[PDB]
J.: 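As an example, take this structure containing roflumilast.
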Amino acid sequence: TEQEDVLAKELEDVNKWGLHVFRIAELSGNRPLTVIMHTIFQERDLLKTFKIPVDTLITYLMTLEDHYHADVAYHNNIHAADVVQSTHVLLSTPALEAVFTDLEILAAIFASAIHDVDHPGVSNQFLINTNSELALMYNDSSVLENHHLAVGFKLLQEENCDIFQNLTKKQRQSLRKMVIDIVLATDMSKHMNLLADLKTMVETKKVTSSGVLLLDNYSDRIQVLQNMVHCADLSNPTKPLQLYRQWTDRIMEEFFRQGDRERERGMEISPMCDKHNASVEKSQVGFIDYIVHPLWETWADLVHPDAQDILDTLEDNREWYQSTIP
Ligand SMILES: O=C(Nc1c(Cl)cncc1Cl)c1ccc(OC(F)F)c(OCC2CC2)c1
Ligand SMILES: [Mg+2]
Ligand SMILES: [Zn+2]
């Protein structure tokens, strides 16, 4: 059909920053995560490398995708698909050429795919404050992140869903550990510590004559993978403005809904969650200035000058958002 043709054409941009992820979600019948992951696995030859039967991969991906909530404005399957594709582009950075093994690539992409699965559309602090079952289960630490991992891994046990069935035991153990390490690092409470280590690595960085990163031990390798997926999670303001604005609309809708739940429970409304007292534009500029730009500038230094175009777009978007403030 014409719909399948236009979808295949859009997917030809899977290696490009600024892929039309919203259009892909529409064209695929709300299956962005499944089609984008499948495309990336085929692009990186991951099915042959890890002997993943195609039917098993699709069955797992559709099940995973079904566990993202369709009524959650931001933390849904579109965001998952976007973080996956963004990580995939970051892994292709010339400064990281041949740095990571196929197993580490698989871990980073899989981690990205499951990193927000079964997100209820409310924050860790909300879950802690409402004496939730999730916060009780996880003792108030990385509540959501622990849950995303548990669900992502548990779904591998469903019928014909074990995409890692042909990995050796050692490969499965290593991948599991890396995935856990990466997803737990998406908790924003760890942002400052991740960034400080990223800066430390930038200052003591070792490279080949072509500017390729030399990372020997697990500690440094996982730190870069952690920061890579963290960057992807925080990549919305670095995308073409048309995409960024859609992400902003979605995060604000999700935040406002949490604020609506807090208001009716008599709780103090969380920062930026009050629809009656919001400054969307100022908050985006502050978000860029204090979180997104410091992180991306540091990432850019690590892979210099490979991330220059991403940094340029971020600064363009910050300038535009600032111009909307009288
Ligand atoms: O925190 C975010 N994401 C997030 C991450 Cl990266 C990790 N863990 C939880 C969340 Cl909510 C997140 C994602 C996108 C945002 O806006 C735009 F880019 F869409 C945004 O605006 C902040 C702002 C209004 C004060 C915030
Ligand atoms: Mg998250
Ligand atoms: Zn996320």
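Residue numbering in chain A adheres to the PDB entry, whereby the residues present occupy positions 86-411 in order. Side-chain atoms are counted along with the backbone in the values below, which use heavy atoms only and exclude waters and symmetry mates. Just so you know, ligand 1 is whichever comes first in the structure, and atom 1 is the first atom listed for that ligand.
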J.: Which ligand or chain identifiers match roflumilast, all copies included?
T.: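 The answer, copies included, is ligand 1.
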J.: I'm curious which chain is the main partner for roflumilast in this model - what does UniProt call it?
T.: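 Per UniProt, the chief partner is 3',5'-cyclic-AMP phosphodiesterase 4D.
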J.: Residue-level breakdown please: for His315 versus roflumilast, do any non-hydrogen atoms fall below 4.0 Å on the side chain, on the backbone, on both, or on neither?
T.: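 The answer is neither; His315 stays 4.0 Å or more away.
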J.: Can you sort out which atoms of roflumilast are near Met357, meaning under 4.0 Å from one of its heavy atoms?
T.: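 Listed by number with element, the hits are 24 (C), 25 (C).
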J.: Under 4.0 Å from a heavy atom of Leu319: give me the atoms of roflumilast that qualify, with their elements.
T.: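 Per the distance check, 6 (Cl).
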J.: Enumerate the atoms of roflumilast whose separation from the nearest heavy atom of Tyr329 is less than 4.0 angstrom.
T.: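 Listed by number with element: 17 (C), 18 (F).
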J.: Under a 4.0 Å heavy-atom limit, does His160 contact roflumilast with its side chain, its backbone, both, or neither?
T.: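 Under 4.0 Å from roflumilast, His160 contributes side-chain atoms alone.
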J.: Out of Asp201, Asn209, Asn321, who gets a non-hydrogen atom closest to atom 18 (F) of roflumilast?
T.: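 Shortest heavy-atom distance from atom 18 (F) of roflumilast: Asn321.
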J.: So if I count the atoms of roflumilast from 1 in the order they appear, which ones are less than 4.0 Å from some heavy atom of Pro322?
T.: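 Contacts of roflumilast toward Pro322, numbered from 1: 18 (F).
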J.: Mind looking up which residues in chain A UniProt says bind Zn(2+), and which of those have a heavy atom under 4.0 Å from roflumilast?
T.: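 UniProt-annotated residues with a heavy atom under 4.0 Å: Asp318.
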J.: Could you tell which UniProt active-site residue in chain A is nearest to roflumilast and give the heavy-atom distance to 1 Å?
T.: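 By heavy-atom distance, the closest UniProt active-site residue is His160, 4 Å.
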J.: Run the numbers for me: atoms of roflumilast, each under 4.0 Å from some heavy atom of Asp318, listed by number.
T.: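 What qualifies from roflumilast is 5 (C), 6 (Cl), 7 (C).
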J.: Ignoring hydrogens, tell whether any protein atom lies closer than 4.0 Å to atom 8 (N) of roflumilast; use the non-hydrogen atoms only.
T.: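 Neighbour list for atom 8 (N) of roflumilast includes protein heavy atoms (cut-off 4.0 Å).
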J.: Heavy-atom distances under 4.0 Å decide this one: backbone, side chain, both or neither, for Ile336 against roflumilast?
T.: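 Only the side chain of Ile336 comes within reach of roflumilast.
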J.: List every atom of roflumilast that sits less than 4.0 Å from any heavy atom of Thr271, numbering the atoms from 1 in the order shown and giving each element.
T.: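 Going through roflumilast atom by atom, the ones under 4.0 Å from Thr271 are 7 (C), 8 (N).
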J.: Which UniProt domain in chain A is home to the majority of contacts with roflumilast?
T.: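 That would be the UniProt domain PDEase.
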J.: Protein heavy atoms: any of them under 4.0 Å from atom 3 (N) of roflumilast?
T.: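 Given the 4.0 Å cut-off, atom 3 (N) of roflumilast does not count as touching protein heavy atoms.
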J.: Closer than 4.0 Å to some heavy atom of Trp332 - which atoms of roflumilast meet that?
T.: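 Those qualifying, in numeric order: 19 (F).
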J.: Write out the residues of other chains lying under 4.0 Å from roflumilast, heavy atoms counted.
T.: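 The heavy-atom site around roflumilast is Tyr159, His160, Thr271, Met273, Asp318, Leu319, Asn321, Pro322, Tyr329, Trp332, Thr333, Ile336, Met357, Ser368, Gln369, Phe372.
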